[PDB]
Asks: 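Shown below is the structure under consideration.
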Amino acid sequence: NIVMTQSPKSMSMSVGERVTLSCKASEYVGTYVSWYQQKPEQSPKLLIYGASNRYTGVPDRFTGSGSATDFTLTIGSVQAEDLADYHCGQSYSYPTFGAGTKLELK
Amino acid sequence: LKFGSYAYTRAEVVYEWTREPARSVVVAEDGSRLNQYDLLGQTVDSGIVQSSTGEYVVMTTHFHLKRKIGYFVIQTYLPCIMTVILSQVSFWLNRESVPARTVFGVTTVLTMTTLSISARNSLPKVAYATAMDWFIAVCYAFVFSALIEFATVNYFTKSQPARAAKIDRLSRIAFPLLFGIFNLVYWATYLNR
Amino acid sequence: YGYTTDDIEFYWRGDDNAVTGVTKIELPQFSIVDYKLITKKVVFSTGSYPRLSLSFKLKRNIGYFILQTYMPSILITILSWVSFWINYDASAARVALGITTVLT
Amino acid sequence: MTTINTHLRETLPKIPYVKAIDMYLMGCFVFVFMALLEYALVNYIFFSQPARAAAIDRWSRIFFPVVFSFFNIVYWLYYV
Amino acid sequence: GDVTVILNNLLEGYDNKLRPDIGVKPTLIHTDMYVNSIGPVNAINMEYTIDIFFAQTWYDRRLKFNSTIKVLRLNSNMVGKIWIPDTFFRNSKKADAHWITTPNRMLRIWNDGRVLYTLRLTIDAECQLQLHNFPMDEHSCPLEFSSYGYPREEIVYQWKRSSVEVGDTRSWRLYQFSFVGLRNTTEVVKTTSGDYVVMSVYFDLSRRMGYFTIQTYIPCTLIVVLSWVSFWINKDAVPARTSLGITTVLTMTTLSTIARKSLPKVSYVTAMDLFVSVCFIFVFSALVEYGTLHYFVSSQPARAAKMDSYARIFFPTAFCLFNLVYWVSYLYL
Ligand SMILES: *[C@@H]1O[C@H](CO)[C@@H](O[C@@H]2O[C@H](CO)[C@@H](O[C@@H]3O[C@H](CO[C@H]4O[C@H](CO[C@H]5O[C@H](CO)[C@@H](O)[C@H](O)[C@@H]5O[C@H]5O[C@H](CO)[C@@H](O)[C@H](O)[C@@H]5O)[C@@H](O)[C@H](O[C@H]5O[C@H](CO)[C@@H](O)[C@H](O)[C@@H]5O)[C@@H]4O)[C@@H](O)[C@H](O[C@H]4O[C@H](CO)[C@@H](O)[C@H](O)[C@@H]4O[C@H]4O[C@H](CO)[C@@H](O)[C@H](O)[C@@H]4O[C@H]4O[C@H](CO)[C@@H](O)[C@H](O)[C@@H]4O)[C@@H]3O)[C@H](O)[C@H]2NC(C)=O)[C@H](O)[C@H]1NC(C)=O
Ligand SMILES: *[C@@H]1O[C@H](CO)[C@@H](O[C@@H]2O[C@H](CO)[C@@H](O[C@@H]3O[C@H](CO)[C@@H](O)[C@H](O)[C@@H]3O)[C@H](O)[C@H]2NC(C)=O)[C@H](O)[C@H]1NC(C)=O
Ligand SMILES: *[C@@H]1O[C@H](CO)[C@@H](O[C@@H]2O[C@H](CO)[C@@H](O)[C@H](O)[C@H]2NC(C)=O)[C@H](O)[C@H]1NC(C)=O
Ligand SMILES: Cc1ccc(-c2nc3ccc(C)cn3c2CC(=O)N(C)C)cc1
Ligand SMILES: Cc1ccc(-c2nc3ccc(C)cn3c2CC(=O)N(C)C)cc1
């Protein structure tokens with residue numbers, strides 16, 4: 001059972017600048033870490049499949065990276081639409097998701 | 001174990017694991033023809049190969065092997081330690097038995113050379129120096145230092161016999177303790193790795 | 001193989017410059033003294049067939065072997081003579097030297 | 001002993017564990033090494049009372065064949 | 001399908017026995033090469049292994065097609081249907097393509113009839129090593145290739161600026177050699193069947209002296225010093241000195257025999273042989289020194305002691321001097 005520790009648990013960073021979400025895995029999950037976006041009261045939407053691959057119709061500000069256990073998601077410039085909960089999950093083994101981190105503007 | 005498609009790029013043929021990647025490469029429990037290695041486990045990954053002809057999907061599998069040391073212990077390290085001790089025992093020998101001590105030293109040094117040359121052939125002809133190479137070198141240095149010590153004793157004897165006795169008695173305990181310290185340091189710095 | 005001299009005949013195309021590159025050949029241990037091209041017919045119980053033969057004369061380069069084998073031999077049998085210059089009173093040295101030369 | 005072991009080693013593959021022929025070879029090398037140590041010991045006490053050195057030599061003269069025979073019996077009974 | 005129709009039309013009335021523009025002009029073939037790995041360089045057989053991805057591009061007027069599909073990307077199934085150049089490697093002892101899981105061949109055909117044909121090859125190319133200066137020798141030896149049956153009037157090969165590219169070079173099998181660099185070449189060679197455009201790629205390899213250092217240079221030096229240790233031994237114990245000298249000589253001889261075996265049996269002397277022979281001469285000279293001392297002590301011991309002390313103070317200096325001379329001489333040239 002791979003446990004995906006996702007930090008920080010929340011963010012209130014200002015709009016327009018860089019956002020960095022870092023997801024860490026207890027064991028080796030080669031590149032099967034995915035990033036899902038969950039706007040309030042709505043199903044999650046896939047953003048990053050594998051490590052550092054973007055899904056169809058995703059803003060180009062989103063980009064991920066990570067090799068063995070340290071994976072991160074970067075947003076070039078926040079937008080009003082990016083105010084959502086982000087979850088990192090691994091699919092190297094039976095799926096397990098991270099705690100999910102909330103993004104806030106202020 | 002990397003594999004993928006020849007002549008079809010990511011835009012045409014893509015590879016994926018049939019089931020969960022962690023469970024997609026299965027090793028038969030009884031199937032292991034390794035003699036000097038232990039298979040700790042396997043790891044899989046999927047990636048891309050950047051080529052002048054295009055971008056190709058490559059599926060990777062890594063088999064983690066840890067070398068077993070029993071054979072190398074028996075064939076190199078225990079013989080080397082035994083040769084070192086065989087050189088050491090000459091100190092307890094009589095000073096007046098100059099031929100005896102000379103025979104011990106020369107035979108031990110020849111024995112260290114033959115072990116060195118026989119141990120180097122087993123592994124490939126790599127340029128760098130391996131851990132076994134350092135162990136062999138240090139054991140060779142110890143035996144050669146024992147030879148130098150005997151030479152110094154024979155040089156002093158009949159001129160300053162008290163000095164010869166002092167140096168021989170000091171060596172009798174300096175050499176074994178230094179060898180033990182080196183052995184502990186080497187085994188700690190390599191095994192705990 | 002299957003065709004006798006009533007069906008096939010072999011010859012060297014040029015008969016002198018039919019085999020080329022022998023001069024450019026290099027061997028670690030041999031030197032090609034010369035080569036010859038022969039034409040003939042060999043008879044078997046099944047019939048007579050055309051045979052061509054290409055033969056090389058190879059001479060061994062002695063230089064390697066001298067130092068590799070003879071020199072240790074020449075020395076060992078020279079040192080074996082050192083026992084003569086030592087006084088016969090000292091048995092151990094002379095006996096060891098001779099017998100170890102024999103072992104070598 | 002070293003050369004016999006080297007000839008044996010060349011034929012066989014690299015295996016971690018210890019074989020019966022390997023056990024016999026360690027036993028025999030131990031015996032040879034112990035004989036050498038015994039000689040060194042008698043030489044050490046040579047300047048001291050030679051009677052003790054002679055007694056040690058006499059003890060060895062009879063014990064070493066006996067101990068080797070017992071070791072052979074044990075080894076050959078274990079593996080058969 | 002549309003591609004099925006196109007491929008059926010291309011092969012209809014197609015003679016793969018005849019090269020493109022057979023009676024018109026030489027077929028110009030552009031060749032690239034990706035050096036995946038340069039395998040071991042074993043001098044005993046005087047060869048070296050290399051794994052490459054060979055690519056060849058030429059134009060086939062018969063393969064022109066008009067359709068929205070701009071390139072026909074095909075597997076090895078078509079390789080044997082169209083005409084393929086008969087490129088072969090002239091200095092290959094033995095080479096084979098790869099066949100697992102299927103033939104490692106690719107074929108791409110464009111609208112204008114251009115054909116790209118790549119395949120994976122491992123070649124045991126043979127190149128003569130001049131083992132003078134070994135193990136300080138540097139070598140730069142080729143991988144030549146040409147058309148087997150088509151002279152320059154019918155097939156011409158041509159390189160590209162970025163034709164030859166190399167892999168990472170860290171996973172390569174070169175242990176005693178280092179890859180300095182490569183250069184390419186083209187020329188015409190006269191052959192019994194005509195003149196052929198011969199294309200060459202030279203791989204410059206520099207030897208690593210680190211391994212052979214450990215193997216032979218350190219052991220010989222330390223056996224020489226072992227021989228030295230005889231001089232400080234007392235003059236009285238004749239068996240001691242004789243045993244030391246003979247043991248050094250035997251170890252030196254066996255070390256020389258084994259060390260040479262690492263090298264192909266060549267009739268010329270190598271830099272490695274010279275150092276070994278010098279050390280062997282040094283140990284023999286130590287034996288002769290003790291023998292002369294033994295003969296001269298009976299006549300008078302004072303001269304024997306004087307010359308023994310002189311030898312003790314000299315021999316290390318002589319060995320150091322000869323080491324310096326040898327090393328500088330064989331590093332400069
Ligand atoms: C003295 O006797 C010797 C012994 O007989 C003799 O050697 C033999 O020579 C013949 C002819 O030269 C060789 O046959 C050729 O082999 C080529 C491949 O060579 C390599 O592989 C074979 C092994 O073959 C198996 O694996 C290959 C690899 O994929 C497959 O292609 C084969 O189908 C076969 O697979 C079977 O076997 C597997 C395991 O055994 C099974 O798991 C599998 O399920 C299959 O049952 C090796 O033997 C070769 O090794 C030898 O050669 C090398 C040479 O360097 C030596 O170094 C080495 O030491 C060995 O000696 C080698 O590794 C084939 O490509 C070739 O077939 C093509 O060409 C012929 C001629 O035109 C066609 O008839 C044929 O149909 C093939 O063309 C089709 O395929 C190509 C793709 O390759 C297409 O591009 C082409 O367009 C065409 O496609 C069309 O047809 C297809 C039907 O096939 C169809 O599907 C398509 O859709 C399309 O319509 C030929 O068979 C034979 O291997 C030699 N054997 C040995 C032991 O040497 C020697 O020459 C004699 N000497 C003299 C002087 O006479
Ligand atoms: C290597 O060995 C071969 C075979 O023994 C040698 O070939 C021999 O060459 C001689 C001279 O060319 C042949 O003699 C000829 O015999 C015919 C028979 O009619 C005669 O008419 C000629 O006047 C001549 O005397 C001999 O037959 C031939 N041997 C065989 C078996 O055919 C060869 O010379 C040797 N050396 C080299 C460098 O090849
Ligand atoms: C490989 O071959 C190509 C083509 O023959 C060489 O390309 C030349 O590179 C030089 C740069 O040194 C240019 O000045 C020439 O104009 C190039 N020629 C062409 C036709 O483009 C290349 O130098 C070769 N690489 C080697 C020898 O290492
Ligand atoms: C001149 C040339 C250059 C490259 C190729 C080539 N074609 C492919 C197809 C697939 C795969 C995985 C690797 N290929 C390579 C080699 C490569 O680029 N590697 C190893 C990084 C062929 C000919
Ligand atoms: C299975 C085996 C048995 C013996 C050896 C061996 N070879 C040597 C050569 C030289 C010297 C000094 C000691 N040697 C020993 C000693 C040894 O290993 N013992 C005592 C367990 C190696 C492997």
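Throughout, protein chains are lettered first and strands after them, A, B, ... in sequence-line order, and every chain is numbered starting at 1. Order of appearance sets the numbers: ligands from 1, and atoms from 1 within every ligand. Not the full deposit; the contacts listed refer only to the portion displayed. Only this structure's heavy atoms are used, side chains among them; waters, hydrogens and symmetry mates stay out.
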Asks: Quick one: do you know the drug at ligand 4?
Replies: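 That's zolpidem.
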Asks: Help me out: which chain holds the greatest share of contacts with zolpidem (ligand 4), per the PDB entry?
Replies: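 It is most in contact with Gamma-aminobutyric acid receptor subunit gamma-2.
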Asks: Which chains, by letter, have non-hydrogen atoms under 4.0 Å from some atom of zolpidem (ligand 4)?
Replies: B, E
Asks: Which residues and nucleotides contact zolpidem (ligand 4) at a heavy-atom distance below 4.0 Å?
Replies: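 By heavy-atom distance, those would be B:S5, B:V49, B:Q50, B:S51, B:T53, B:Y56, E:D32, E:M33, E:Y34, E:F53, E:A55, E:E165.
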Asks: Report the molecule name of chain B from the entry.
Replies: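 The PDB entry names it Gamma-aminobutyric acid receptor subunit alpha-1.
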